[PDB]
Amino acid sequence: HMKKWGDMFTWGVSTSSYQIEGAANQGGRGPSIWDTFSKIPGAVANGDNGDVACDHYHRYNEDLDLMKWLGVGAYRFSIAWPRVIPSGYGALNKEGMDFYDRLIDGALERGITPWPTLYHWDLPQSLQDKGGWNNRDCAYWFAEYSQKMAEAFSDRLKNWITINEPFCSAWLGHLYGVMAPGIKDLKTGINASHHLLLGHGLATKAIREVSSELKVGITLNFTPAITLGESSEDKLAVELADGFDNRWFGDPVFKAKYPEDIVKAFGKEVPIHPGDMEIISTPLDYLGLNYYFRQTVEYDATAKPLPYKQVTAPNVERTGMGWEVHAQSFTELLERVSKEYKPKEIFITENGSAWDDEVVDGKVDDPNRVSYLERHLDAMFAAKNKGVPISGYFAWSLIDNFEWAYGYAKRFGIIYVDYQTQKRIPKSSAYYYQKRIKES
Amino acid sequence: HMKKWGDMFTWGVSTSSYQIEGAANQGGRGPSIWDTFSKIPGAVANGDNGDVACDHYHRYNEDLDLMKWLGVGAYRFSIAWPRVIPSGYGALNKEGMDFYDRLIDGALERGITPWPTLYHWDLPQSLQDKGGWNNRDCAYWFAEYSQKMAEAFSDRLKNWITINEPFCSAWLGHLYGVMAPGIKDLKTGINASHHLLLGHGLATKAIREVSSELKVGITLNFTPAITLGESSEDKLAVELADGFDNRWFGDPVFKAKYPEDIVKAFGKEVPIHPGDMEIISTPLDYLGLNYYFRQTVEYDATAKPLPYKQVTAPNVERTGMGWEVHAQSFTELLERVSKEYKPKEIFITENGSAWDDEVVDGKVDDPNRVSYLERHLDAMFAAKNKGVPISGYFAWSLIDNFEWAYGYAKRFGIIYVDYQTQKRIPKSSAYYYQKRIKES
Amino acid sequence: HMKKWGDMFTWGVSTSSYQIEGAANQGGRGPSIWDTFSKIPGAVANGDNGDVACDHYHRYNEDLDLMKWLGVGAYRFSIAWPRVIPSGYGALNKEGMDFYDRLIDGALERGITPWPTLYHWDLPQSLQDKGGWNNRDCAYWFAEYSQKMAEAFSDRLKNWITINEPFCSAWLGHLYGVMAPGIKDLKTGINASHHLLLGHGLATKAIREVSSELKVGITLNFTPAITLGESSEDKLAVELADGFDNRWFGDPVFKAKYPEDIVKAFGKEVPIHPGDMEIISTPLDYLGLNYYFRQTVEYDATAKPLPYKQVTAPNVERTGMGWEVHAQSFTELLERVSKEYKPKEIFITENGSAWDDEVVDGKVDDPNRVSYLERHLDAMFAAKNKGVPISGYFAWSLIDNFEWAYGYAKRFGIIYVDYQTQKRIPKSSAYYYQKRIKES
Ligand SMILES: OC[C@H]1NC[C@H](O)[C@@H](O)[C@@H]1O
Ligand SMILES: OC[C@H]1NC[C@H](O)[C@@H](O)[C@@H]1O
Ligand SMILES: OC[C@H]1NC[C@H](O)[C@@H](O)[C@@H]1O
């Protein structure tokens with residue numbers, strides 16, 4: 001499983017539209033559910049929103065220059081659906097499409113392959129007003145949007161990702177209400193999860209109809225579950241958390257079914273129509289895998305919707321998010337996914353870490369982020385050397401940005417953003433990543 | 001046979017002088033046999049000629065910049081003998097030599113290693129008027145020209161190629177008359193083949209006399225032969241086609257003899273003088289291998305000079321040239337050459353494909369050329385992983401150019417040339433090649 | 001030993017402060033022992049000195065541009081102790097610190113990792129006036145200087161080297177008197193060797209106290225010894241020369257003891273205080289290995305301090321220094337060092353060769369330097385493929401420079417320096433090294 005001649009590996013960085021673009025009410029853009037959600041008192045730390053963010057809508061040439069300087073071969077970005085179709089379905093916003101044309105063409109001029117993500121959580125509010133992902137029609141609206149983007153951009157862009165982290169859009173957005181649109185209802189979360197996955201499948205078929213050379217995948221985040229206890233009920237807690245976070249989304253895509261143990265525990269029906277599971281399980285060219293941390297759980301008969309709770313394990317390394325740092329879990333997750341779901345290949349579409357950064361003498365020295373990055377790259381390559389088909393790695397993120405309900409206080413960039421001036425300052429982790437790209 | 005530490009691989013692009021330079025009657029250049037041949041009604045499609053071509057004589061800085069942008073480490077180009085010695089033998093044209101000085105120095109400033117080919121078919125007409133390659137003296141004229149080029153440029157240029165594709169210069173130029181100088185006579189083709197190969201050997205010795213650190217090879221195109229029939233006579237047809245196309249030129253270089261079955265079938269004498277076969281078979285640092293397609297043949301008792309004919313096999317993928325696409329033959333050819341001729345190392349000095357390209361919105365999306373390139377690189381690395389010493393790959397061609405008797409209608413570039421404006425437009429295949437160079 | 005996914009390799013070039021900087025009495029710099037030594041007639045060939053050298057203090061941006069052009073990932077340089085602390089201990093010289101800040105920041109802007117060496121022989125004369133390395137306090141002065149440099153620069157610089165080639169500073173500087181400070185006394189050489197090594201250990205501990213992520217090593221030159229004789233006394237000569245050159249410095253660092261056979265043969269006491277050997281042998285992240293040549297010796301009962309003499313072996317290839325070229329010794333040395341001393345990893349911090357160069361038509365063609373470089377890189381990778389953990393290679397040197405007692409007459413650069421104009425001219429070896437960096 002050692003390197004052989006001709007083998008390739010792609011190095012990238014990742015962002016998303018609402019987190020960096022700004023220009024939220026400029027260039028014809030319509031509001032997203034995160035514009036609305038960010039206006040709710042208490043929804044986002046410090047009352048932050050994405051109105052300006054990193055002003056990447058105006059500063060994209062600088063950010064593209066930083067990518068070329070890093071030496072990445074690829075740039076994972078998302079298209080803001082409400083920027084290009086403000087009404088969700090209907091007329092294209094030519095000014096919005098022109099922005100992505102300039103972004104794409106600028107990347108290609110610099111030798112960077114853009115990897116578009118079609119849905120990274122910024123659903124048009126116009127479609128939320130019709131029920132959003134609770135409405136089955138939203139899967140079809142998404143597929144039509146996806147087709148239009150492929151028709152516009154696939155002459156240049158050959159590697160597509162449909163949706164990003166349906167776990168967050170479905171469960172965090174519709175069951176726990178801590179992400180847009182902020183709904184708290186199990187049935188709604190179930191419906192949303194099915195329509196996100198159906199949208200993925202319909203969009204995949206729509207993209208392939210544009211051209212047979214195009215590649216398509218989905219990005220799923222996986223959160224491996226462990227328990228500190230030995231009781232059978234604590235082992236059940238691990239099984240339930242794994243089903244809720246991981247198998248609920250992986251099983252439809254790769255096995256054409258929902259995990260029966262979770263379906264039974266929910267006691268609700270997934271709104272599956274004829275043809276849905278064939279569409280959701282349509283073959284993919286790759287899995288986009290997001291990994292950051294493992295969760296520690298224990299049984300809790302009182303917890304809902306499933307009888308387990310999170311545990312904060314003692315004496316473990318944690319990031320500024322409070323997330324456990326455990327790179328060995330990354331290796332084991334990659335091996336598990338390859339055996340369980342057998343994706344043709346895997347791209348790490350996100351991995352990274354957030355820490356308290358300080359600017360000293362105009363510079364940012366972030367050794368904790370360097371250490372996380374080094375150890376997780378090592379863990380990834382450990383899996384690749386065992387035969388897991390990992391074809392590339394995208395660092396989350398190129399720049400500090402709007403970290404959803406945490407706002408701007410949580411910095412994931414390898415490049416620092418001073419939001420007072422929009423100055424970009426490469427951190428120590430940027431120089432480390434630059435070296436790794438060149439010298440591997 | 002996997003990668004080991006220290007192993008190297010060279011990525012390049014290839015062109016030739018008459019096909020790109022233009023400035024055919026500028027800078028003191030004298031006419032070549034292709035200037036003459038292109039003036040004959042019916043000799044070249046659409047009446048095309050190389051008077052202007054890609055105007056690389058003036059635009060070489062842009063083309064070198066495109067090479068740096070692609071990331072190639074090497075540039076295979078040819079020196080126009082009639083630009084540097086218009087009378088074929090005698091005085092150097094200082095203006096022509098200064099052009100190659102500027103080209104070479106510009107490549108080196110950009111980190112690109114130029115690989116000069118001394119003869120890529122543009123014999124000075126002054127020498128054709130004395131018999132060209134039919135005249136034994138032409139081997140010596142070529143060797144003197146080669147010595148002068150090494151004396152001028154080998155302070156910088158360490159890797160030389162003498163001649164390119166003697167199959168074309170000898171048989172297509174002097175037996176079939178479809179390439180310059182347009183002669184149609186078997187004995188003349190035999191004489192030309194021997195004097196091309198003798199010129200190669202004399203030039204190799206002359207270059208090594210300039211400096212012992214210099215490396216020298218020859219570029220041969222090989223066209224593997226198959227048959228769809230099972231008869232013994234169709235198997236004989238394969239042997240005859242292989243002998244005519246491949247062994248006629250490979251056997252003198254690597255085995256110091258002409259293939260006896262073809263000599264006997266011709267019924268003519270090769271004009272071999274004392275010392276010739278030792279000179280032709282002088283040890284080489286590498287073979288430059290050109291590969292594009294395999295030929296399908298069958299026996300034909302009426303055919304001349306040998307009793308076989310070409311067959312257009314049914315239901316196979318073909319390029320815009322009508323050439324079969326069969327990358328597995330590339331792997332098998334590389335393995336066979338390594339066993340049969342055992343060159344110290346192999347450089348793919350040409351491989352590529354031509355398709356009808358369309359400019360849409362100022363861009364050129366050429367998925368069929370991308371696919372050919374991907375599959376032939378895969379096939380080449382398959383041979384390298386079996387132990388074949390392939391040390392580099394040069395894509396034919398950087399830019400669309402004058403495709404000999406096909407004229408400009410046949411486009412081999414990974415960069416499109418709009419001949420009305422001389423604009424260069426990178427095709428999808430350019431972005432693919434750029435990625436492969438970086439990420440392998 | 002199987003190249004695997006994730007393995008890295010660092011390509012660099014090396015210089016040192018006194019050899020390139022110039023500006024010896026500018027920018028607040030205080031004199032070093034080499035400023036003083038170079039003023040003594042007969043100490044340096046042609047009366048050369050480092051007053052101007054390559055004027056890199058003023059031309060560093062040009063030199064950094066040349067490094068970026070070569071494509072190196074790393075730049076090994078030394079900090080001039082008397083430029084940053086002119087009195088050796090005490091006040092920092094802000095102008096000197098600012099120079100290294102600009103150098104470091106310029107390298108990082110270009111994607112180059114600076115590798116600082118803290119002591120490359122330019123001891124402040126103010127400290128020599130107090131006994132220099134003969135004075136135990138010099139080990140502590142060095143450690144305090146090292147701590148201040150890490151405090152200033154380790155926000156950016158993570159890989160440190162303490163001292164370079166104590167063989168030269170101790171034996172050539174204090175026993176043979178052919179390098180600064182020009183002393184000729186065995187006991188002084190022994191004292192100096194101990195305080196250099198103690199300084200290394202104290203500085204390593206001081207650097208690690210600044211930040212636990214910092215890496216530290218030492219650079220040792222090793223000169224493998226052979227004999228042409230078969231007698232038992234000539235085999236003893238090999239053991240003595242190996243002990244004098246190599247084990248005297250390697251054994252303290254990696255085995256916490258001085259080689260007992262050499263201690264006995266000297267018959268002198270090393271000024272070891274309790275605790276010193278634990279300090280000297282403090283664990284290192286890597287060994288910086290310098291290799292240029294092997295020595296041939298024979299027994300000589302009359303020789304001092306040890307009964308052997310150098311032999312000039314007949315009929316071997318030699319550089320312009322008179323040094324034997326024998327790349328196989330490099331492979332065997334790397335294997336031996338890894339087996340006997342087991343450094344966690346090895347960086348080749350210096351290897352290279354000097355030849356008489358000639359400028360012809362504004363260019364420098366140096367095939368003998370190319371050949372040495374090619375063969376020693378091959379020999380290094382042979383050791384890596386046997387499992388030796390060689391993580392990078394730094395060519396000595398980026399530019400021609402002041403070759404100590406040989407002056408400017410001995411040119412080690414892959415880039416030529418015309419000292420009349422300070423023009424930099426890349427040699428053939430620069431283009432070769434550029435290719436190796438890209439294509440390996
Ligand atoms: O939480 C960090 C990172 N993980 C997942 C999301 O895709 C991304 O937008 C977010 O910023
Ligand atoms: O036919 C394509 C290509 N192959 C052979 C020749 O070397 C080159 O000049 C030509 O353009
Ligand atoms: O002698 C060549 C080279 N060897 C070792 C020294 O570190 C360096 O300064 C010197 O120039």
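To find a chain, count down the sequence lines: A is the first, B the second, and so on, and within it residues start at 1. According to its header, the structure was obtained by X-ray crystallography, 1.5 Å. Each ligand, and each atom within it, is numbered from 1 in the order the structure gives. Values reported hereafter were calculated over all heavy atoms of this structure, with side chains retained and with hydrogens, waters and symmetry mates removed.
Lab note: most contacts to ligand 2 come from the chain the PDB entry lists as beta-glucosidase M - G1. The molecule at ligand 2 is the drug named 1-deoxynojirimycin. Other chains within a heavy-atom distance below 4.0 Å of 1-deoxynojirimycin (ligand 2) are, by letter, B. Close approach of 1-deoxynojirimycin (ligand 2) to B:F412 is summarised as follows: ligand atoms under 4.0 Å from at least one heavy atom of the residue are 2 (C).
1-deoxynojirimycin (ligand 2) has no N or O atom lying under 3.5 Å from any N or O atom of B:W121, backbone or side chain. Of the protein's non-hydrogen atoms, the one nearest atom 11 (O) of 1-deoxynojirimycin (ligand 2) is B:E403 OE1, 2.6 Å.
In terms of N/O distances under 3.5 Å, 1-deoxynojirimycin (ligand 2) is not approached by B:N401.
Note: an N/O pair closer than 3.5 Å links B:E350 and 1-deoxynojirimycin (ligand 2) by distance alone. Close approach of 1-deoxynojirimycin (ligand 2) to B:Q19 is summarised as follows: ligand atoms under 4.0 Å from at least one heavy atom of the residue are 8 (C), 9 (O), 11 (O). Counting atoms of 1-deoxynojirimycin (ligand 2) from 1 in the listed order, those under 4.0 Å from a heavy atom of B:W323 are 1 (O).
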